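This entry carries S-pomalidomide.
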Amino acid sequence: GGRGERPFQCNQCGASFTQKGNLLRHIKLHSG
Amino acid sequence: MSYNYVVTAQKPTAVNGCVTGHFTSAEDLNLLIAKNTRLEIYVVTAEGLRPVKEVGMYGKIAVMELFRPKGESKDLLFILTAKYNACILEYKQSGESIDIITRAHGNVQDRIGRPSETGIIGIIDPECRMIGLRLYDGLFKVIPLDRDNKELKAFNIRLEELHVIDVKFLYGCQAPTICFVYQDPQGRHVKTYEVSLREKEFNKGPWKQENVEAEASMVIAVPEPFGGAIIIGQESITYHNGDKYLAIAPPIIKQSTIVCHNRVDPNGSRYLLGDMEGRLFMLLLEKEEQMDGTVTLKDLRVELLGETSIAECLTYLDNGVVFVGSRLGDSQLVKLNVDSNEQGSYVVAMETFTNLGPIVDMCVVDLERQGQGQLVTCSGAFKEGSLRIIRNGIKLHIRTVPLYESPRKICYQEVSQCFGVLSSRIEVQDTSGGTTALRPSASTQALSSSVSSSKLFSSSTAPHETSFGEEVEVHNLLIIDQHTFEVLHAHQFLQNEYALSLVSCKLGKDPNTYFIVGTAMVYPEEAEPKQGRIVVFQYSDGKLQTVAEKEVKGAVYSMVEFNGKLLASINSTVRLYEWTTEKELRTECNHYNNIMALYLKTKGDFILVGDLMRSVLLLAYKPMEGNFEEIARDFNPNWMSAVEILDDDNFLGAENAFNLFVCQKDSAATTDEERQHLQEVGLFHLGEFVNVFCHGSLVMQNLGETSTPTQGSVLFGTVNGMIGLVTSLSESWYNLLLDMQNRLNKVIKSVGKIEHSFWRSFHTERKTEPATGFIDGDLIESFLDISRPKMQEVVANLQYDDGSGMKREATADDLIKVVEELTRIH
Amino acid sequence: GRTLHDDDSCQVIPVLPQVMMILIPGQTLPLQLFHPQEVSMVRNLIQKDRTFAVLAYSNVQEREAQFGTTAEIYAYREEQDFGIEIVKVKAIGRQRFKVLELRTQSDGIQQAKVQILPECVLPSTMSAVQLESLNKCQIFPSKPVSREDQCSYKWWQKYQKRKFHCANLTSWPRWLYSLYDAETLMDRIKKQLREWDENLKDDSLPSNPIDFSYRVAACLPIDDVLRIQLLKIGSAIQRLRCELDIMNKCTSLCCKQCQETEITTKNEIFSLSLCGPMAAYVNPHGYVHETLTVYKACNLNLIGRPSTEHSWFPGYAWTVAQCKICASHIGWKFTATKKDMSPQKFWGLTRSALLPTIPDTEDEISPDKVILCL
Ligand SMILES: Nc1cccc2c1C(=O)N([C@H]1CCC(=O)NC1=O)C2=O
Ligand SMILES: [Zn+2]
Ligand SMILES: [Zn+2]
């Protein structure tokens, strides 16, 4: 894992992530 | 593969045109009437009208105008048919033999050309220099009037104004000048052009483009003293002439549109104008000599004379008598008195010529003979709406029942010795909130009366409001006595409820006979109906009571009695209801189709379904399975007006451009693919618009079975009041009669020299194929009216077979016996 | 210019093997060709009629096709992309056809014997029955072309009353004839397309019903197998009526991105507050979401744990929901915090992520086929 509390959050939908990389990937999906 | 015979039982009664002049002889005055394919010629007497000659044409009469060229004794008649057959006819009488000889003829159709929005417009120059025809948008065809032009060779002239509304030839012009109203993105305008036969082109008109009213719909050329033209619109009437342009907006013409006119005085001082609602006005043109003798228009005036039938055309005969040519009602002869009567009208009816009018629905009933059938039709529209009971003499005898409102559907109930009729009356939105009737009609003057109890849609209603003055039609189920034809009861339907279908039958174990009605809730904001009902009524003790009520998700377009069950059609679904012991409808089957189930007809367990675009579909109720199954279909896009099941394998229909067609269940079919397709096995250009097909016959049914040559009998009602009959034949009888038609055509004289083959050929604006699987009964029956040598020529070198053996040389006396047997089917 | 064959005529034209998607008359087909047989074949067509066949496959795996569309090439250019020399060509759909024979040549390219299906054009339904006296009243005095005035049904009421006045001579009412009217049917589509998504109507859709019907048949959110039904239809009237049926049958919503996942149905829509089922809500960072509330939704994965932080529906905790297939954000799952809450569990879907679609029946227990109406 990374950080159990999920401190990395998405400003567009509030999706929290354990690692920054996963959040970066998530925010790239909003662009489409 | 299909062998059918079609014959006219009643000729078209609706008048689509009328003109006066001196056609027979230069001395006496004539009135020519056009009743679709028929042309009636009368002589105007001081008493009334004297019938002189009646002829039939092989074409629907589109244009009909009289004209006297330079160096001619009497007037000639120019006629143009719907299939573009142009002709100049002359009246020729020798002792006691009358004949309408064809002076000149020819087809004026143009391969390629978009037909105009305002239809065919045919006009003649006042000096008879040419005939101007407007058939297609962007082109003006010209037939020059020269003694050499016998084939009617004509040339088109390029017209920059595509959307021409009305056009006329002006009077008192040096060169032939056309005046017309047309539309462009800046509105409507009136423009003129000079037509040059030498250059074969248009030239600058005497007075270029002038702006007219938004709804300018009529153009009237005014004779030599005045000159110029009158343009009529919705709110105004304007006169234009060179520099002067006088316009009046009389309030008396605002309530309805002026749709027909006629010149009273030959100088143009008076004109008759007729609106859509039957009113008759007098347009007067005041004169002014102006010293030098130029004479100018001082003023325009409109006076309301009175009410007539809804006039299609008008024609002033003489001494105050006007002939009112009607399509929606009876045509008339009316007197125009100088002084009014106590009510205020200046019009007084003289004669009333019967018009079966738009036959929208009909039925066959025995009534009193208990053997010989009689035909009851839903005729006319609005105040002209009525019922007509047609029966044979034992010539056709007609009894009229005026309703003063539009009748729509009709069915008979023997158990209660009466008829059920769906009908609608127009009411106007009142200041108070409710609606007010226009006149007292059949639904308002009923002995017993009732209103539908709002339960289903009183709670389930959309929010909206109707503004003052708006018209709204009120639907009613009328119970009419079979003997007296008095309105025994009138049941009004819900607000916004449109009654579509009506049947009278016994359902399930129930011994009572009910009047079932199918409806649809029509709101203006709602495009396709999403609400409707099936109301089961029982008429007893002089009152109509609601037995049951079943809500549905759509419009109940059609319903039929199906083996003790009710087969209804809700939009795309074909539903089967069962009548439960609790006296309620219960759904047993549903069949979701690829078309709108408008046309619903049935034979035993077979169901014929059809939509407005000639999509034909054959379903079948599987009793052991308890559901519907599609057997076959034939979807060719074209407008379809009516449908019927001839026999277990053949299906008759009425498709676009007044054609009849027969579809058949494919025999000798190995593959499922071919079994599932209905083959087109018959096509025939009837020349009438069929609204209703009805199984039955207007002749004695014949108790003892004596080898009938024709099998089956399907009557039909049309828009022009024509009633026809269709029947099936054997291959032998068909091939004989077909060979007979082609022999008959060589000896028979066609008015305007139009070919029978061309006339009956199946026609639409896109496709035009020859007629098949149909014998023209009117042509076959005309054999008995011809002369013995022409019969000898027709039967010359022809082999006739009487059955089994003896295939001998045919004689006119053998054939007379055969055609005489055919005349007995109607 | 323009090369066009005769109606119902028999023609033999080539089929590009790389192509598969249905081509509707009027819409453009861009192509990228690499193989010399494809390039050389197209170069020959430029010298000849410039036309080739585009088959409407029922099954692209087995290459099964009964109908198709002739594609006229209107642009050719030899480009270079990613270090690859490729020719780029643009063709436009022209005539529709029925497939008679599919003979395959020595190459991968195949010829196709085809019968040209004509464009059925009918006159006005009233043209036959119109009264000669009323012919001059058939023409209208221009269009109101004010979005508000023509959206207002009072004008269409006047149109119906005037155009179909002679319905009184027939056995049917005016309103029935409007159901088979080109202008009314186009307007109904335009209004429902605007209802689906806000857009400029005057520019985007053509005024001609033949062109309009094809433009819509190409853009509808449907399966290409269903689209074949629109290609088979020859009358623009029937084509428009079929398109409105298809539109009315789009009672479900799917992932706009992948369009392979049915999220929810219109039946599941519900109003939690008096504002309405759909309403715009802003998040704590300024992102505005037009959110639709539905009782149930599926084919979604939840991301993270639920949270009440800045919840748009007090008393509920949001959990981020994304597409099972493409992982695109679809919205949130709202779960109640207390036991006395009314719906208890619901979903807030973002409108922009959804797209209308016909409910699919992937289950083989009761696969009742979609029966479109003309
Ligand atoms: N706390 C954060 C932080 C970042 C992004 C969001 C939120 C948040 O609460 N919402 C939505 C989620 C859905 C909801 O109910 N309300 C919101 O404001 C976000 O997009
Ligand atoms: Zn996000
Ligand atoms: Zn997805």
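Chain letters correspond, in order, to the sequence lines: A, then B, then on. Here chain A follows the PDB entry for its numbers: 138-169, in order, are the residues you see. Here chain B follows the PDB entry, giving residues 1-394, 709-1140 in order. The numbering of chain C matches the PDB entry: 69-442, in order. What's counted below: heavy atoms across the whole structure, side chains too, no hydrogens, waters or symmetry copies. Start at 1 and go down the list; that is how both ligands and their atoms are numbered.
The location of S-pomalidomide, copies and all, is ligand 1.
Ranked by contacts, the top partner of S-pomalidomide (the one with most) is named in the PDB entry as Protein cereblon.
With a cut-off of 4.0 Å on heavy atoms, the other chains touching S-pomalidomide are A, C.
As listed in the entry, the molecule name for chain A is DNA-binding protein Ikaros. Under a heavy-atom cut-off of 4.0 Å from S-pomalidomide, the UniProt (S)-thalidomide-binding residues of chain C that qualify: C:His378, C:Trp380, C:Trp386. No covalent bond joins S-pomalidomide to a chain.
Heavy-atom distances show that, of the Zn(2+)-binding residues UniProt gives for chain C, none lies under 4.0 Å from S-pomalidomide. By UniProt annotation, the domain of chain C supplying most contacts to S-pomalidomide is cult.
Using a 4.0 Å heavy-atom cut-off, the binding site of S-pomalidomide is formed by A:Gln146, A:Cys147, A:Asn148, A:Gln149, A:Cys150, A:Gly151, C:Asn351, C:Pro352, C:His353, C:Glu377, C:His378, C:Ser379, C:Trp380, C:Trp386, C:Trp400, C:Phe402.
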